[PDB]
Peer 1: 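I'd like to talk through a structure of bepridil bound to Troponin C, slow skeletal and cardiac muscles.
Letters A, B, ... mirror the listed sequences (proteins, then strands); counts begin at 1. Determined via solution NMR. Hydrogens, waters and symmetry mates are skipped; everything else that's a heavy atom, side chains included, is used. First listed ligand is number 1; within each ligand, the first listed atom is number 1.
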Amino acid sequence: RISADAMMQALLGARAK
Amino acid sequence: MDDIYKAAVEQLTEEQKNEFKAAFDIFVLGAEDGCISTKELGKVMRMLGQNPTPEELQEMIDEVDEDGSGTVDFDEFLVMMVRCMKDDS
Ligand SMILES: CC(C)COC[C@H](CN(Cc1ccccc1)c1ccccc1)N1CCCC1
Ligand SMILES: [Ca+2]
(Lines of atoms letter the chains of each structure in order from A; the text may use other names.)
(Lines give C-alpha, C1' and ligand atoms only; values in the text may rest on other atoms or scores of the structure.)
(Ligands and ions follow the chains in the order given, each with its own letter.)
Protein backbone atom coordinates (compact mmCIF):
# COMPACT_ATOMS: atom_id res chain seq x y z
CA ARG A 1 0.00 0.00 0.00
CA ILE A 2 2.75 2.41 -1.03
CA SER A 3 0.70 5.60 -1.32
CA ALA A 4 3.73 7.10 -3.05
CA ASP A 5 2.38 10.63 -2.59
CA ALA A 6 3.90 10.57 0.89
CA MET A 7 7.31 10.51 -0.79
CA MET A 8 6.61 13.66 -2.79
CA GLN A 9 6.77 15.31 0.63
CA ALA A 10 10.38 14.26 1.23
CA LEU A 11 11.05 15.48 -2.31
CA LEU A 12 9.42 18.90 -2.15
CA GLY A 13 12.31 21.37 -2.13
CA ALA A 14 14.57 19.29 0.11
CA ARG A 15 15.91 22.66 1.24
CA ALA A 16 16.76 24.03 -2.20
CA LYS A 17 16.54 27.64 -1.04
CA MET B 1 14.57 -13.36 -15.58
CA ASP B 2 12.14 -11.22 -13.60
CA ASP B 3 10.31 -10.34 -16.80
CA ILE B 4 6.91 -9.93 -15.16
CA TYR B 5 8.46 -6.79 -13.69
CA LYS B 6 10.18 -5.57 -16.85
CA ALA B 7 6.84 -4.85 -18.50
CA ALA B 8 5.70 -3.12 -15.32
CA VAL B 9 8.89 -1.08 -15.18
CA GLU B 10 8.29 -0.33 -18.85
CA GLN B 11 4.76 0.86 -18.14
CA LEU B 12 5.99 3.60 -15.84
CA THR B 13 6.48 6.87 -17.71
CA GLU B 14 9.06 9.62 -17.25
CA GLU B 15 6.36 11.18 -15.09
CA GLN B 16 5.80 8.61 -12.35
CA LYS B 17 9.54 8.03 -12.68
CA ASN B 18 10.61 11.60 -11.94
CA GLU B 19 8.45 11.87 -8.83
CA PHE B 20 10.02 8.53 -7.92
CA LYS B 21 13.62 9.24 -8.91
CA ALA B 22 13.28 12.23 -6.60
CA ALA B 23 12.59 9.99 -3.62
CA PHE B 24 15.59 8.04 -4.85
CA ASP B 25 17.65 11.12 -4.04
CA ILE B 26 16.52 10.88 -0.42
CA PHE B 27 16.87 7.17 0.33
CA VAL B 28 20.43 7.20 -0.99
CA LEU B 29 20.98 10.90 -0.33
CA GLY B 30 24.02 9.85 1.71
CA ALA B 31 24.95 6.53 0.11
CA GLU B 32 28.00 5.86 -2.05
CA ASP B 33 25.98 4.64 -5.04
CA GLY B 34 22.25 3.99 -4.66
CA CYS B 35 22.00 1.34 -1.95
CA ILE B 36 19.47 2.01 0.80
CA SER B 37 19.78 0.84 4.39
CA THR B 38 17.76 0.83 7.61
CA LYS B 39 19.56 4.03 8.53
CA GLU B 40 18.69 5.84 5.31
CA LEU B 41 15.15 4.47 5.28
CA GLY B 42 14.14 6.07 8.57
CA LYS B 43 15.50 9.23 6.96
CA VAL B 44 12.88 9.26 4.21
CA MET B 45 10.05 7.85 6.32
CA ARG B 46 10.59 10.68 8.81
CA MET B 47 10.05 13.05 5.89
CA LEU B 48 6.99 11.05 4.85
CA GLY B 49 5.18 11.54 8.16
CA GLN B 50 6.47 8.25 9.55
CA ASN B 51 9.02 7.72 12.31
CA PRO B 52 9.85 3.99 12.55
CA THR B 53 12.74 2.26 14.32
CA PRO B 54 15.87 0.40 13.12
CA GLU B 55 14.39 -2.93 14.19
CA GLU B 56 11.23 -2.65 12.10
CA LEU B 57 13.02 -0.85 9.28
CA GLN B 58 15.40 -3.73 8.59
CA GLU B 59 12.30 -5.70 7.63
CA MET B 60 12.07 -3.27 4.72
CA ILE B 61 15.52 -4.11 3.38
CA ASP B 62 15.30 -7.81 4.24
CA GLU B 63 12.62 -8.36 1.60
CA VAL B 64 14.54 -6.50 -1.09
CA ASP B 65 17.68 -8.06 0.39
CA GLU B 66 17.35 -11.14 -1.81
CA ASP B 67 21.09 -11.05 -2.50
CA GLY B 68 21.89 -10.51 1.18
CA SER B 69 23.57 -7.23 0.30
CA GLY B 70 22.30 -5.56 3.47
CA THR B 71 21.04 -2.54 1.53
CA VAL B 72 18.66 -1.70 -1.31
CA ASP B 73 20.24 -0.83 -4.65
CA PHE B 74 18.35 1.05 -7.38
CA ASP B 75 16.87 -2.21 -8.69
CA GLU B 76 15.22 -4.16 -5.87
CA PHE B 77 13.92 -0.78 -4.71
CA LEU B 78 11.68 0.08 -7.66
CA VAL B 79 10.63 -3.58 -7.77
CA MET B 80 9.52 -3.66 -4.14
CA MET B 81 7.23 -0.82 -5.20
CA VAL B 82 5.73 -2.74 -8.12
CA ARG B 83 5.55 -5.89 -6.01
CA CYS B 84 3.00 -4.44 -3.60
CA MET B 85 1.25 -1.84 -5.75
CA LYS B 86 0.60 -4.49 -8.39
CA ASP B 87 0.38 -7.24 -5.78
CA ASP B 88 -0.09 -6.12 -2.17
CA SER B 89 -1.03 -8.31 0.79
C1 LIG C 1 3.62 -0.23 2.35
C2 LIG C 1 3.99 0.41 3.69
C3 LIG C 1 3.20 -0.26 4.81
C4 LIG C 1 5.49 0.24 3.94
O5 LIG C 1 6.17 -0.01 2.69
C6 LIG C 1 7.38 0.75 2.49
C7 LIG C 1 8.46 -0.15 1.87
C8 LIG C 1 8.83 0.35 0.43
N9 LIG C 1 9.92 1.37 0.46
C10 LIG C 1 9.78 2.57 -0.41
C11 LIG C 1 8.83 3.69 0.09
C12 LIG C 1 9.06 4.29 1.34
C13 LIG C 1 8.20 5.30 1.79
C14 LIG C 1 7.12 5.71 0.99
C15 LIG C 1 6.90 5.11 -0.25
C16 LIG C 1 7.76 4.10 -0.71
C17 LIG C 1 11.30 0.86 0.65
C18 LIG C 1 12.13 0.67 -0.46
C19 LIG C 1 13.43 0.18 -0.28
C20 LIG C 1 13.90 -0.12 1.00
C21 LIG C 1 13.07 0.07 2.11
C22 LIG C 1 11.77 0.56 1.94
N23 LIG C 1 8.00 -1.56 1.83
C24 LIG C 1 7.65 -2.23 3.11
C25 LIG C 1 6.43 -3.12 2.79
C26 LIG C 1 6.47 -3.27 1.26
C27 LIG C 1 7.02 -1.94 0.78
CA1 LIG D 1 19.77 -6.21 -1.54
Peer 1: Can you help me spot every copy of bepridil here?
Peer 2: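 Look at ligand 1.
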Peer 1: What are the letters of the other chains having a heavy atom under 4.0 Å from bepridil (ligand 1)?
Peer 2: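 The heavy-atom check gives A, B.
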Peer 1: I need the residues around bepridil (ligand 1) for a figure - heavy-atom cut-off 4.0 Å, please.
Peer 2: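 At that heavy-atom cut-off, the site is A/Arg1, A/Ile2, A/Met7, B/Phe27, B/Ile36, B/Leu41, B/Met45, B/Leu48, B/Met60, B/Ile61, B/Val72, B/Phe77, B/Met80, B/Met81, B/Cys84.
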Peer 1: Could you check what the entry lists chain A as?
Peer 2: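 The PDB gives the name Troponin I, cardiac muscle.
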